[PDB]
Participant: 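Before I ask anything, here is the structure I am working with.
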Amino acid sequence: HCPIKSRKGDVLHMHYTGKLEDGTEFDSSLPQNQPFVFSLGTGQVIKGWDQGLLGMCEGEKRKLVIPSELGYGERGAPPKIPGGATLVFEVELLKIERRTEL
Ligand SMILES: C=CC[C@@H]1/C=C(\C)C[C@H](C)C[C@H](OC)[C@H]2O[C@@](O)(C(=O)C(=O)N3CCCC[C@H]3C(=O)O[C@H](/C(C)=C/[C@@H]3CC[C@@H](O)[C@H](OC)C3)[C@H](C)[C@@H](O)CC1=O)[C@H](C)C[C@@H]2OC
């Protein structure tokens, strides 16, 4: 059951856990139980998120495996992310907030 699914310009509420290749976890929203909120497809987030999160239903989970060209490239994001790194995100969509009227 999925009456609405994510499209560009939607505001998404998401839980995530990010891991590096060696399985070590570098960030997660679950411990503080505070979902991350962003607008899809506006360039607010790394490309691998904007491209990997379309057509999603609330309640759906996805595993994203993001190569560094779609992530933080050659400079990375010190201290948690080295340059050239592949990122693994496990994500869950909690809510779609979509501007309905004009
Ligand atoms: C002034 C404070 C900064 C401001 C911080 C917040 C609102 C708090 C928010 C929870 C972020 C987290 O803070 C605990 C933390 O999330 C990470 O741990 C992480 O899991 C991650 O990779 N995420 C977060 C979840 C969405 C995907 C990705 C991201 O796209 O993040 C986005 C990101 C960094 C995009 C850059 C922007 C510049 C481009 O040039 C670059 O390159 C294209 C891509 C984040 C959300 C930015 O929009 C907003 C911010 O950065 C980063 C490893 C480090 C990051 O803190 C820095």
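We're sticking with the PDB entry numbering for chain A, so the shown stretch reads 41-142, in order. Start at 1 and go down the list; that is how both ligands and their atoms are numbered. Computed from heavy atoms alone, side chains included, the values below leave out hydrogens, waters and symmetry copies.
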Participant: Among the choices simeprevir, erythromycin, Taxol, tacrolimus, avilamycin, what is modeled at ligand 1?
Facilitator: tacrolimus
Participant: List the macromolecule sharing the largest contact count with tacrolimus, named according to the PDB entry.
Facilitator: Peptidyl-prolyl cis-trans isomerase FKBP2
Participant: Which residues define the site around tacrolimus at a heavy-atom cut-off of 4.0 Å?
Facilitator: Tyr56, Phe66, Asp67, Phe76, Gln84, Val85, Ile86, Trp89, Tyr112, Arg115, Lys120, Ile121, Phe129
Participant: Under 4.0 Å from atom 56 (O) of tacrolimus, is there any protein heavy atom?
Facilitator: no
Participant: Which UniProt domain of chain A gets most of the contacts from tacrolimus?
Facilitator: PPIase FKBP-type
Participant: Where is the nearest protein heavy atom to atom 30 (O) of tacrolimus: which residue, which atom, and how far?
Facilitator: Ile86 N, 2.9 Å
Participant: Give the atoms of tacrolimus, by number and element, whose distance to some non-hydrogen atom of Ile121 is under 4.0 Å.
Facilitator: 53 (C)
Participant: Tell me whether atom 53 (C) of tacrolimus lies less than 4.0 Å from at least one protein heavy-atom position.
Facilitator: yes
Participant: What protein heavy atom sits nearest atom 35 (C) of tacrolimus, and how far away is it?
Facilitator: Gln84 O, 3.9 Å
Participant: Using protein heavy atoms only, decide if any is under 4.0 Å from atom 7 (C) of tacrolimus.
Facilitator: no
Participant: Got the closest protein heavy atom to atom 15 (C) of tacrolimus, with its distance?
Facilitator: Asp67 OD2, 3.5 Å
Participant: Which residue and atom, if any, share a covalent bond with tacrolimus in this structure?
Facilitator: none
Participant: Starting from atom 33 (C) of tacrolimus, which protein heavy atom do you reach first, and at what distance in Å?
Facilitator: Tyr112 OH, 3.9 Å
Participant: Considering non-hydrogen atoms of the protein only, which is the closest contact for atom 24 (C) of tacrolimus, and what is the distance?
Facilitator: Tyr56 OH, 3.8 Å
Participant: With the criterion set at N/O pairs under 3.5 Å, what does the list of contacts between the protein and tacrolimus look like, atom names and distances included?
Facilitator:
from, atom 1, to, atom 2, distance (Å)
tacrolimus, 16 (O), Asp67, OD2, 3.2
tacrolimus, 18 (O), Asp67, OD2, 2.6
tacrolimus, 20 (O), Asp67, OD2, 3.4
tacrolimus, 22 (O), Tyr112, OH, 2.6
tacrolimus, 30 (O), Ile86, N, 2.9
tacrolimus, 48 (O), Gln84, O, 2.9

